[PDB]
> 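Below you'll find the structure I mean.
Sequential numbering from 1 along the given sequence is applied to the chain's residues. Both ligands and their constituent atoms are indexed starting at 1 by order of listing. All values below were derived from every heavy atom in this structure, side-chain atoms included, with hydrogens, water molecules and symmetry-related copies excluded.
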Amino acid sequence: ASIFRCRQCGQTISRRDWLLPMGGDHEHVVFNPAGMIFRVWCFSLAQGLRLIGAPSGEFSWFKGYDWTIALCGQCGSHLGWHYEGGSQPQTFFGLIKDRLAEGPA
Ligand SMILES: O=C1CC[C@H](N2C(=O)c3ccccc3C2=O)C(=O)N1
Ligand SMILES: [Zn+2]
């Protein structure tokens with residue numbers, strides 16, 4: 001089965017069935033302009049989230065997709081981002097592995 005929760009509150013965010021092989025792997029190692037290296041896991045579906053701010057294509061790690069920040073809908077923890085703007089798929093979620101916790105139903 002297997003699902004992914006907000007590590008700060010237990011909120012259910014997504015699950016393994018929903019991983020999306022972007023580029024060929026669901027996991028991307030990236031860094032940002034702050035010099036922080038995350039591991040980002042890509043889902044085609046997520047629930048339990050609140051999106052914040054405007055879509056933005058600056059700094060995007062993924063070609064043709066703008067991002068908006070995704071917060072845990074329950075606790076406000078920054079779980080990662082929602083991506084929109086592209087084709088096959090149009091939108092998807094890029095979530096910071098470290099901020100989730102993977103366990104069972
Ligand atoms: O696709 C993305 C999501 C946004 C993400 N991001 C951050 O992790 C960051 C940290 C500090 C300043 C600016 C940003 C930025 O745009 C980033 O670098 N790429
Ligand atoms: Zn939470």
> Drug at ligand 1 - which one is it?
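At ligand 1, it's S-thalidomide.
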> So, counting contacts under 4.5 Å, which chain has the most with S-thalidomide? Name it the way the PDB entry does.
cereblon isoform 4
> According to the entry, what is the source organism of chain A?
Magnetospirillum gryphiswaldense
> Which residues, given by chain and number, touch S-thalidomide within 4.0 Å on a heavy-atom basis?
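The heavy-atom contacts are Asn32, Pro33, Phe38, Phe59, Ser60, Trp61, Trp67, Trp81, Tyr83.
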